[PDB]
Structures are given as C-alpha cells and as structure tokens.
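Worksheet: the structure to be examined is printed underneath.
Going down the sequence lines, the chains are called A, B, C, and so on. In chain A, numbers come from the PDB entry; the residues present are 81-394, 400-440, in order. All residue numbers given for chain B refer to the PDB entry; the residues shown span 31-74, 81-124, 261-308, 432-472, 517-730, 2562-2687 in order. Method reported for this entry: X-ray crystallography, 3.9 Å. We count ligands from 1, going down the list as the structure has it; atoms in each ligand are counted the same way.
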Amino acid sequence: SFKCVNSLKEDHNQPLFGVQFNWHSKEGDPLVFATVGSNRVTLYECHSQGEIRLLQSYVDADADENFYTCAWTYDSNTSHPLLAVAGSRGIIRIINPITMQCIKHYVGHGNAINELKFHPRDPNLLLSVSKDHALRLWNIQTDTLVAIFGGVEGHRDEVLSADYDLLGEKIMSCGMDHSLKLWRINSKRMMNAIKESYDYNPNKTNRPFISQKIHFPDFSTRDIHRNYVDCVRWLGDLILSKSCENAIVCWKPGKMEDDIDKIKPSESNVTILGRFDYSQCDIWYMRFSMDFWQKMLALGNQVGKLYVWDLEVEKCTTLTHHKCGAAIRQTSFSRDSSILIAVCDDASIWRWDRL
Amino acid sequence: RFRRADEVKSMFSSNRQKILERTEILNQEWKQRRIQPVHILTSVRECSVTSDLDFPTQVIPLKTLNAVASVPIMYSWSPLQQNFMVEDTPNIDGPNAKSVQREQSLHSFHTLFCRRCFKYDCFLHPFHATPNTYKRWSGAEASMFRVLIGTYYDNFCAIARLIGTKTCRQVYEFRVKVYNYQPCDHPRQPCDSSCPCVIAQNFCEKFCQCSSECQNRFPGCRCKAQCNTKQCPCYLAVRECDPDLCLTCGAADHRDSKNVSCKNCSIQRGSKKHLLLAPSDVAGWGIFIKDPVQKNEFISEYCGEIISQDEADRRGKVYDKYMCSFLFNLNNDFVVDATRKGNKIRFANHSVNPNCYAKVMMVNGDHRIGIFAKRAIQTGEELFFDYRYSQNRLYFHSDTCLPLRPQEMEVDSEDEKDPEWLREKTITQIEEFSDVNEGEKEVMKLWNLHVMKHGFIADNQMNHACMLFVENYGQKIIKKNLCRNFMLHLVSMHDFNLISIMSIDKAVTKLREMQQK
Ligand SMILES: CC[C@H](C)n1cc(C)c2c(C(=O)NCc3c(C)cc(C)[nH]c3=O)cc(-c3ccc(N4CCNCC4)nc3)cc21
Ligand SMILES: [Zn+2]
Ligand SMILES: [Zn+2]
Ligand SMILES: [Zn+2]
Ligand SMILES: [Zn+2]
Ligand SMILES: [Zn+2]
Ligand SMILES: [Zn+2]
Ligand SMILES: [Zn+2]
Ligand SMILES: [Zn+2]
C-alpha cells in the first residue's frame, strides 16, 4: 500500500529507539518528526521529492545518557511546540524547538525511563513509564508531580510502556512482569489532584504539593501474554499489546458485553479477540504505532521487514527494501497518515509514502 | 463457536463507532489551535547526516544541552511503620434474619479477631485466636438473646434493656424451651516442657491461656522510671515493657504522649526521631538525621516485610545479582525485608566503624528490630550500622524523591501511623472473605480504621477504644444499619476478656442517645 523513497544515516552509528511526528502540526504546515538515540535528539522536516531536511539537533552534556523515547506537545498560551525526551538517566528534558534551550528538566525517577506519553486533551499532563516499577504523572505547566502509579499492588517488575485512552480517561500500562494494569484517571480523587496541581504555588504555602500515590490498580491481569510485555496502545475500549512471541494480541478485559467503564478492580476474566501474526520480531523493546484515525497498524522487526495492517477487518501487507537490513525499533505515521518513518539499529532512517 | 465469531464483529463495529466519534472531538480540538512550526537554526561542534540514496549530506551545528544533576538508583517501595506478614452464616441486622446459637452468630468474630493487635484479620499474626482465648418474635431478636445467655448470665431486667424490641421477664420462655512467640494453649495441662513457649525458650505473655500464676509468664518490672539500665528486668530480658503490666514506670500512663517517664517502650508507641533522605557520601542513597541524638538513644524501628526463612531463601537468589541485600534476620524462623515495603531508616548504609547498631528487641509477642545510636550523633550526620551483626547539604522527599527545600522541612515527618494504602488494603482483605456475611464485614472495616487512626497498643486501653469508637463512627453505624452487628462486636470484645461489662452498657447507651435523635 506504501512505497519507499529515501534512506538516511547519522554520524554516530548508534541505535535509535523511537520517533514521533508532531501531530500538533498546523493545517497546511510541513510535516516534522523527531529522532531519539544515543545522547542526542535530532529533528527533521519533510519536503517534496522524498527530500528529508535536517532542522536541528541537541546533545546532552554527558555521553553516558542513552535516550529511549520522546513525545510532542504544544504550549497552552505561547503556541510553541515542546518535545519531551527521556532515557537511561531517568531525566525528562523539554527542549522547545523555538528558543532551542532546555526550558525545564525534572529529575527524580528511580532508574531509566522507558516510554513517555501526553494526555490527549491536556497538553500539560505528562506520563512517564519507568524502570523504577512505577508510572508518574507530571504537570509541565506548574512543576508538580501529580501521581505515582505503583505501590503495593503496582508493577512488581520493570515497566516498559503505557498509553492513555482516546478521550483521556483511563491509562493502561504494562511491563516485564507479564501484567497489564488499568489506572483510571476520571475518578474525582485523581481529578481534584489535577485541579489542585494548577492552583498550587511554591511561595504561597510552606507545604510541598501533595502528590497522590496510587497503590491499587483499577484492573490487573496476567492472562494475555506469557513472557514480558514491551508495548501497549489503546483501541478505544479494546487494547492491543505485543510480546516477544511474534504476535500482537487484541483483548478486552472482563466479559464480552461488560463495559470497560464499569469493570471494577477485582475482575479476573479477559476475552482474547485475536492476534496479528508476524515473524522474526522477538527482542527487548520493539514498539509499534498507529496513525491518527486508527486504521493503520505498523510494526518493524530485526531484519528490516516493515509490517503494516488494515485495522478494519470488519491483510498482512508488508514493506521491504533491499538495503533495509538492521532492526526497526519504532515507527510513526504523519497526522494525515501519508508518510511512515521508521528508525533502525544502525542509526538509519527510512521514509515511506502511501498511494 | 459460530456464536462467538459473530459477537466479535458486532462489538468491533460498535467499538469502531466509539473510535470514530471520539477521534473526531480530538480532531475538532485540533482545528482550534494555530501552533507555530519548527524552523532551522542559523544562530550558532557539529552533527551530520548522509543519505544512502544520492542526496547532499546535510550538516548543522550541535546545540549543547546544559548538564543536569542526576540522582542515585532507587526502586519502588511502599511506606510502612508496623510490619507486614506475607505468605510464601446469614446477616443478623436487616430484613432477612435468622435464629442461631451463641457460636454461629459470633463465629466470624472469634476467628477473625486478633487478641494481640485488636484488629480483624490483622497483618502480623497469622494464627487465628486460640480456642480458650474467646471464652471467659422474629429470628433476629431471638438470636440476639441466644448470644447473651452465655454473656449476660441470668440478669433478666438488663437483657431487655439491650435488645430494645421486647421487655423484661417474658424472656423466660426462651430459657424454658531464638524462636518466635505464639500464645500457648493447653487445658488440663500446666505449662510444662511440652508447652510451645518452653520448647521455644520464650516466656508466656499476657496473651497465653495458661494459669494466671503460670511459672513461665514474664511479670513486668517495678521501676519508678527510665527502665534503661540492667537494673530493670524488662530491659535485662531485651524487652520493651508490657503496657498492661509495668504500671509503675509509665508504659501504661499517657498513651497519647511520646516522651513518657518510661524510656524502654519507644518502639511500641513509635516515638522515632526525624529522619531525612539524601545521596550517601559513599555511593547511592543515604539517610541523615535532623536533630541531635545522645549515646544509646532510640532512632527508629527498622521496619519491613515479614517473610519466612524459605521465602527468604528464594528472594536471596534474585537479590544476589545486584550486590545489594536489604533483609535482616528477625529470629530463627522469620526474616524482615525492607526491599518491597520499608520505612525511612532502611536507607542506613553499611560501615564497619558505624555510629548506630541493631538490637532485636521484643514487643508484646512481636520481635522487632530497633536501631540505636552507638555513640552521640549531632545534626546532619549520616547514620550507619554494621550489616554483618544482624544479616549544608541537599535533602530530598521520601515518597517522591523530589527536593524538600528548607522552607517546610520542620513538621513534615512523612511517617504517620496509618498510611493511605493500608487503610484501603485492610478493606480489600475484609471483603474478599467468601464465608463471612457482608453485614458483619461492614463493621469490622470501621473498627480496623479506628484502631489505626489512634494507635492502640494496650489491653487496658480497650475501654477507651470502644467508647471513642461510638463518639466518632457510631453515626456511620446507624446510617449504614449496623447497630446489631456493633453489639456482636461488643460481646466478642467481652468474650475475649478485654472490655468492661459496664462499658457494653455505657456504649449502647451512647449509641441509643443519638439513635433516638
Ligand atoms: C532484586 C532487587 C534489588 C536487590 N534491589 C532492591 C532494592 C530495594 C534496590 C535498590 C534501592 O532501592 N536502593 C535505594 C537505597 C536504599 C533503600 C538504601 C540505601 C542505604 N541506599 C540506597 O541507595 C537499588 C538497587 C541497585 C542496583 C544496581 C545498582 N548499580 C548500577 C549502576 N551503577 C551503580 C550500581 N545500584 C543499585 C537494587 C535494589
Ligand atoms: Zn494481630
Ligand atoms: Zn425486671
Ligand atoms: Zn505460653
Ligand atoms: Zn504453655
Ligand atoms: Zn504458660
Ligand atoms: Zn523497668
Ligand atoms: Zn517493664
Ligand atoms: Zn518501663
């Protein structure tokens, strides 16, 4: 369904573990994506005739950092984009590509950080999934740690991925403990945190802002996959999540007809709705992605086959090229779902266009 | 088979419309914003990109990020103050009632109550209440009387005052027609060399059911104060005073207070000094102390999870790979583990020339690990102790590992008695019982929270514990319709030999004063 038109390579030959198109792009403005890897984030623009233009690049002060992921977000009242990046050191920098300086930084995660996402309806709430067994909900606007997901009933091993739902009401996480845990965020207890995290003021009250430790998930299960889980994205009220088993799996928790907004924590049954079967992809940390209207599903593997899927099976169309050789860590479509950028282990990029 | 294939797509397509209708509102919110794009940098060492397909190789300057001070490694743990043990009948209150014996109406209470810590299905003591520890017209109104004939004996004009729905003498017709301590129990047998306490080399405590003057019970001490030198047999036996026995030193005086006359009970009350977290001067996270501490003064209870020796053996496999063990031997049979749940003091690093030491003292049957100062400690030293014997700076928060600036580091003390996760976790464990009815369940939840809110640790306190429960939570008792189960709770308290008889009369009196209002 696609067609490749360009290939790239950087100057460090180190792996790149994620890319995102800034889906907050304007209407009629050029498509822009960003690349994390090594100790450096590189931003890129698209142009006519398969030209990929190099915009700007930022390197962190020490070469020991190994960035893993990134995600875009607009400012509320300044209209600039912000691209938060986090890696092995567990620090989350912001780095706006307008003034080109580390505008904010948040220390204090217990280990590395393995995935980042933003709330869909609030561009001020940032969720970080960490190796320290816990998820954390930051607040870019007001410099406040809202929550910590993972206490006694939290993720007992290393956590690797999560994703908000579509409307922005219920997070779902997973990690190297074979578990997928739903943490709703529409309860009035999580909501009065988001409210009071704005009306907090450091020099207005000699009392640090009360961060909400969530010890008990709103649902948990280890019945879907066998070994570790390294990716997870919502599907509205269904959930896709893969493992090193050469298969992305669809599933809803509870019974078939039991609504997701009424399933209470102690529910133990699932309903596996099927699997997307693929081949040769079976190592640590290999995500997928989906376009903005969620008809596409793109995954890469270790030898360079760049799978695609039609999500309206109401069709294992593949993408392969003679030089696409190393592994594919992550893919990301453009907002209008026209360009598919994939990154590799040998510090290379590939640009695919739909027709 | 043909049925489930058809339910997949009917739900898929209904789920699909949910995708469409939601994704539009995000798209509609996208047409609201006019956000600027990314543009190249000509303002400013250099990065370069080549193309594997015939295209000019592009170079731009490399904008360096300012360095950011990293923090040491820390894994997800949960706040704790009192230890945590780990493993390796119709309702008589509302519309549907029944008439059962004395033991069937109270069955869940005798088995689910803990004689030692005063909570239902506690978290420390796994063994249930030993047998003789709990022996000292509709269907509901009649099953109540059935409970009282074992408790209220032959008083007729008073039993009618309780049940309220009938009157005095008409009742007649019903009458017509180093090892861990566990309480020892053996009727018709004295506490001899066949007793678990004697076999374990442990003294029987107040919880034992052996004879009152059993030759194995620890008696307590008669000191006037301090209890802090070899002179006091409580101290001399490596024990904290028993606050139902040592009435002279102060372990039973001013339970609200934290600095009592008796100084050898600072663990059971939780009078632990203030601890602060910061990066260690060796490597990693370390703990420092806020205010100065004398020689041989109590710092904190080293707290954690209680695991078996067999569970400690499996966890010693996983712990060995990081060269970092956080477990300590509590006694021969049990081990404490601060890796998953612990308190602030679990951040004391090892050193062979330390200023603190660990003493495994005994508190009301429970062996606990106390941390004490080996010498005097002044403001801002990092506390160390030797792991072998038991197995102007930047301060950080405990729960979040964020910087705790000096503005409000005085009465913070992020270490209460009842944490938020336990107050819920005990509710999880009450409801999960499938053999207990939910009318009795919704009262034991109220008691467990009341106990933890005040911090009760003495048998003598239980008169005030049941009288304070009515003053605060009795309103939720009537609104949730549990006034009858609350009476069952009282006669279960009275069956366990730790409440006064006139308090059961005084407690119901204060409930009915608000009920008829
Ligand atoms: C199987 C689990 C494993 C055994 N485990 C459990 C815990 C609770 C824990 C921690 C941890 O909670 N610590 C905080 C801390 C405490 C609590 C107390 C003190 C005195 N001090 C501290 O720091 C850290 C590490 C770990 C691993 C590798 C590592 N290295 C790699 C980078 N280069 C330096 C060496 N560093 C630390 C392992 C842990
Ligand atoms: Zn107990
Ligand atoms: Zn009478
Ligand atoms: Zn005994
Ligand atoms: Zn005995
Ligand atoms: Zn005895
Ligand atoms: Zn004494
Ligand atoms: Zn004493
Ligand atoms: Zn004493």
Query raised in the report: According to the PDB, which drug is present at ligand 1?
Result: GSK126
Query raised in the report: Which chain forms the chief contact surface with GSK126 (ligand 1), and what is its name in UniProt?
Result: Histone-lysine N-methyltransferase EZH2
Requested in this report: State which other chains have a heavy atom under 4.0 Å from an atom of GSK126 (ligand 1).
Outcome: B
Query raised in the report: If you map the residues of chain B that touch GSK126 (ligand 1) onto UniProt domains, which domain gets most of them?
Result: SET
Requested in this report: Give the residue and atom sharing a covalent bond with GSK126 (ligand 1), or say none.
Outcome: none
